[PDB]
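Lab note: Voltage-dependent L-type calcium channel subunit alpha-1D, amiodarone bound.
Letters go in sequence order (proteins before strands), and every chain restarts at 1. Just follow the structure's listing: the first ligand is 1, and inside any ligand the first atom is 1. The analysis underlying the following values was restricted to heavy atoms, covering all of them including side chains, and did not include hydrogens, waters or symmetry mates. Partial entry shown, contacts counted within.
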Amino acid sequence: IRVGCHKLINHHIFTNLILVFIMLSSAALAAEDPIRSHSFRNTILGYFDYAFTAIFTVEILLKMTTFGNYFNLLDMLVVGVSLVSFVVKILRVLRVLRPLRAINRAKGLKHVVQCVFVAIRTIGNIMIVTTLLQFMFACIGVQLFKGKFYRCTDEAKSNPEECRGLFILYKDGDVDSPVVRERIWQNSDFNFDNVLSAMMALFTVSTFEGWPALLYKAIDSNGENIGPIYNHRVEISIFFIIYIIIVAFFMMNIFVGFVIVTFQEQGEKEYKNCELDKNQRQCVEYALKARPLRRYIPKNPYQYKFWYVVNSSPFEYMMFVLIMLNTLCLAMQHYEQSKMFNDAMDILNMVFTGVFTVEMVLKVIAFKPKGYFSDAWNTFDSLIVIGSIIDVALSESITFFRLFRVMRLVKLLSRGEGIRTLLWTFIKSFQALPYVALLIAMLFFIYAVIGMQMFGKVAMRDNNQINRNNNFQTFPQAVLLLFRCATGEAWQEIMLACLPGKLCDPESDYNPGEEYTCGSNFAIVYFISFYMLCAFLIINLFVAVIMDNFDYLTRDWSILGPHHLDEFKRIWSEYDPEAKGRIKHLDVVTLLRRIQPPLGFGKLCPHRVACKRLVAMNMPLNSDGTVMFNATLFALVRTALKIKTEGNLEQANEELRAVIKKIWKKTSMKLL
Amino acid sequence: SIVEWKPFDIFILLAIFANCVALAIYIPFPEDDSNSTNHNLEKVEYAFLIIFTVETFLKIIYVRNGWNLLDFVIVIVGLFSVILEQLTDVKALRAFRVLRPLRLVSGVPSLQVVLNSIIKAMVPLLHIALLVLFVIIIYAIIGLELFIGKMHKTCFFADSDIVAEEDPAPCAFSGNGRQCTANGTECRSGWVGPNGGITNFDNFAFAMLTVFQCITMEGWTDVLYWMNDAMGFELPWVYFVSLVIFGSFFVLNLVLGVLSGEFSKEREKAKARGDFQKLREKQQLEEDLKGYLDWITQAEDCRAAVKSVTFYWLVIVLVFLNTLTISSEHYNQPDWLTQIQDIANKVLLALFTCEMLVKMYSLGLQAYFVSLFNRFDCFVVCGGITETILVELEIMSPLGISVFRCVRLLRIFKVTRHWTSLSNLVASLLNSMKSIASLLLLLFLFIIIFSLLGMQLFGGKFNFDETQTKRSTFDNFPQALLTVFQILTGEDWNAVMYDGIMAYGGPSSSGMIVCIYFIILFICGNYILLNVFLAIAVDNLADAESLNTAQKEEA
Ligand SMILES: CCCCc1oc2ccccc2c1C(=O)c1cc(I)c(OCCN(CC)CC)c(I)c1
Ligand SMILES: [Ca+2]
């Protein structure tokens with residue numbers, strides 16, 4: 001019946017089961033062998049492919065049965081093409097559409113895909129202008145260097161009429177080592193023979209890859225069908241300089257700038273400023289929703305004095321100096337050092353290891369092991385020293401803790417206030433947007449699978465771009481190659497190496513006689529499209545991360561900042577080993593006195609300003625020693641800014657209930 | 001001092017420019033060679049130094065201003081160099097005269113203020129610079145611990161000191177990496193290194209330099225592959241891929257995020273004064289003029305057909321035909337294709353001339369030159385008719401044929417002018433031309449200064465290889481300028497750095513201290529490049545959207 005399988009479909013676990021199945025099927029797709037069609041692994045994965053198709057066909061029928069848009073068409077398209085299986089190369093390439101249907105199964109993935117499409121749509125005015133200008137520059141380059149990039153194999157024949165036969169080549173320029181070679185009237189790989197070639201060459205130039213080679217090839221461009229001349233027309237470099245400045249420096253930075261502007265405008269699509277402004281939406285919220293910090297002042301003065309010795313600025317400075325010396329000694333190791341130098345460095349390593357293993361126990365004794373894990377940075381030193389005391393024994397696997405002991409530098413040197421906060425907020429932004437990274441990973445996966453299917457059979461030669469370290473033979477190697485292209489190292493050289501006329505590795509299955517078949521004309525489209533898509537997605541991720549922290553990037557510390565709130569919390573915890581929620585009022589005088597003038601009171605004596613303002617400003621009518629953490633902060637932030645007269649205090653609470661987020665039944669006391 | 005107000009500053013500026021051009025026309029020859037032009041330029045420099053010391057002595061009758069301190073320093077340095085040469089390393093101190101173009105900004109408050117703004121913009125980036133330095137130090141230390149003394153085993157020959165590869169790569173340090181495959185080759189220790197010893201992890205300086213190079217995205221895969229040859233495939237990829245992601249991609253986002261925030265922080269500061277209001281006020285009267293000009297004249301002073309949509313589509317098909325005619329040329333094209341190209345050129349020139357003449361007799365001559373579109377079309381058509389008459393006249397014009405095609409290629413503007421949606425950006429960038437010129441001139445001055453410094457340092461010293469000729473050199477001014485531009489683009493800057501290091505003695509000796517020339521030229525060059533081409537794209541582009549929103553309010 002129609003309503004029978006509806007409950008099964010809408011279950012809280014069926015969707016996750018099908019998502020796990022599609023993810024693991026994609027993983028199975030990413031584990032085949034491009035080289036050998038007949039292999040043990042391929043057959044094993046071949047049996048698996050039958051299982052998912054049976055499951056996915058079952059899913060389609062039941063889903064259709066209860067439902068009897070274009071997302072469902074894609075779901076059937078992926079399963080449909082598989083059933084035709086079981087030219088075949090085109091179908092095998094097309095079966096890469098398996099993880100593309102996971103977009104509909106996740107709300108976040110669908111949302112980020114729609115956001116990417118919307119960003120693409122608004123951009124198109126800039127793309128059209130850039131494409132038109134690049135086409136005009138290609139036409140000018142065609143008019144300039146039409147056929148002038150030809151050259152002979154030996155730099156002695158200047159026309160094809162005499163660039164024929166054999167010639168003697170001198171290896172490495174030595175006259176005593178000659179070798180006979182054939183001379184061929186060759187053409188440049190990136191020329192300006194026609195409009196399309198000019199467009200491709202100018203694209204490779206605009207990617208800032210191999211552009212000096214093209215520049216110095218065009219400088220030597222002499223005539224229509226003659227060889228190059230050394231520094232013939234250096235003045236022709238103006239064409240390349242102007243093209244680069246106009247397109248890559250100017251119209252590609254307008255691209256990113258307009259993306260940033262659009263994201264900023266999208267970030268201002270809501271109007272919650274009924275009376276307040278943005279500056280009040282980042283500090284009043286913190287004051288309303290907060291939590292007291294813990295200091296853990298100990299007892300048992302026999303331990304308290306030891307803790308005070310441990311918890312002091314000179315001790316921290318001494319540890320800083322000791323770690324700086326340790327790293328300075330770590331950096332002095334060089335190649336083929338003297339025996340005395342190595343022995344002295346080893347001895348100093350033992351000395352520093354002993355110092356650190358003493359200091360851990362010294363901190364634990366005065367800090368107790370239970371509270372050791374409370375602080376994030378305290379646990380960092382906890383797990384390093386045992387590694388130090390292990391390698392001192394294994395010295396006379398080994399390099400693990402040898403490498404891991406360097407982390408102390410960043411651990412004890414990130415204790416700043418502008419770099420630590422920057423790193424933390426950017427990591428928080430990265431965690432807040434884990435779906436653009438998923439989009440990038442999906443693009444990398446799809447293109448790596450396509451490259452494995454297409455260029456996987458190209459033989460690896462030590463004198464080419466497709467070598468033992470750069471190839472499409474395995475998925476990790478394909479991903480590494482795509483990462484190399486994304487960084488833009490030699491992607492045009494790889495494209496040239498993936499051209500149709502390439503040798504095939506012996507382990508592949510091909511008919512005897514046709515050794516040079518692997519490689520396709522699809523390489524140009526593959527590499528250009530991958531570069532464009534990867535660049536677009538990378539700048540999309542960058543601008544998303546940037547827009548996620550726009551409040552910090554435009555903090556304007558000259559008026560206010562969360563560091564004031566952090567200092568207030570630290571002062572609150574100074575007399576409070578634990579939160580405890582509420583405190584007395586006798587120490588509130590010192591608490592107010594221990595604030596900076598921008599947040600607390602001016603440098604003048606509190607006998608005039610603070611004393612009068614304490615009674616003048618509205619305070620909860622509690623006992624003489626019962627004041628809570630959620631009231632004094634709001635009172636102080638109201639004193640510093642957003643001051644309202646008595647009687648009309650409920651206006652602020654009405655605005656809070658109308659603008660600020662859910663009160664969670666906590667502002668009842670804050671109203672008074 | 002009474003008369004020195006207008007002419008003294010102008011004369012000093014002219015003297016600075018003349019000194020700059022005299023430095024530009026100097027040719028550094030290798031191995032103490034020279035010619036007559038250098039001999040004359042020596043006396044020219046003598047006269048310029050005399051003028052400069054006279055001005056320095058006169059200006060006292062001073063030190064508080066930094067620019068005057070710089071002028072005094074360079075003047076006394078020139079005096080020191082001249083005295084040493086006359087009474088005598090000798091020409092090594094000659095590199096301090098490259099600061100003469102630098103003081104030109106003092107005389108140019110515009111350039112100066114721009115320079116002050118750019119310098120003050122660097123304060124928020126110091127924390128990012130410190131983070132980059134710490135990451136570089138940590139990665140260099142890790143490389144010292146891991147990859148120390150491993151790039152020293154290349155495929156050699158049987159009982160000989162000859163490398164068996166034209167492009168050698170390291171062997172396996174402990175039988176895990178790459179092994180010789182040739183029948184009569186074995187590999188042992190004693191090798192120099194991959195890049196002549198420059199790129200390796202067997203010293204703190206070497207490790208720091210190669211880590212910085214890998215962070216700059218240039219040539220990191222070469223180091224990764226050399227590691228893959230030395231050791232296995234599993235350890236090195238973790239070190240370098242993570243370094244690439246954290247070293248630059250994370251840092252590039254952090255650098256852009258701060259500057260984009262800082263630039264947007266200037267937008268909120270400049271909005272209080274009302275700079276955007278002036279642009280809106282100037283723009284809001286432009287549409288009020290077009291509707292009040294045609295109507296105020298057409299009542300008394302035929303034209304319906306020319307403004308019809310049929311005429312628009314006809315001119316569009318004509319420009320499409322012209323574009324197809326231009327973009328159909330290729331190497332070894334058929335002769336009949338050439339014949340069709342000339343026939344189409346003549347026919348379309350005649351048709352466009354007839355269309356222009358028809359428009360001139362039904363729209364008005366005065367209304368044309370008011371708009372920038374009509375005058376450009378007049379220039380294009382005059383250039384085209386001149387091209388045709390010159391081609392078919394008694395003048396061959398061999399080189400001018402290609403130039404004139406680019407003149408007639410610009411007809412696509414006639415159909416891109418009807419956008420009206422992207423024109424906000426065009427108007428804003430055309431109205432900010434003074435600022436655009438100021439930043440472009442500052443960038444050009446930076447490039448010129450560093451080109452002259454590179455000419456002084458590596459001029460003629462790239463003749464050490466003896467087996468090949470190098471194209472990215474500092475031989476003359478155009479070549480040094482091209483090399484500086486290429487380094488600014490960031491492509492193959494490490495190759496130029498390697499050449500400069502090998503020109504001063506290679507990895508051994510104190511010849512590696514010169515590598516800080518390329519580090520400064522890259523870091524301090526990309527920083528300005530990222531402030532000049534991003535300010536235009538953030539200031540005049542944010543205003544365009546604000547202008548669009550304001551225009552939408554009235555629409
Ligand atoms: C989502 C698929 C479309 C992406 C895309 O289409 C374009 C059309 C015209 C011009 C640019 C693009 C474009 C880009 O996203 C793009 C292209 C390039 I090339 C590019 O520059 C890459 C290298 N860069 C520094 C080395 C040179 C400026 C950047 I950033 C973004
Ligand atoms: Ca590069």
Which chain letters or ligand numbers go with amiodarone?
-> ligand 1
Judged by heavy atoms, which other chains are less than 4.0 Å from amiodarone?
-> A
Residues within 4.0 Å of amiodarone (heavy atoms) | A:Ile120, A:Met127, A:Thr130, A:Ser206, A:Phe208, A:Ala248, A:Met252, A:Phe255, A:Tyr531, A:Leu533, A:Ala535, A:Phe536
According to the entry, what is the source organism of chain A?
-> Homo sapiens
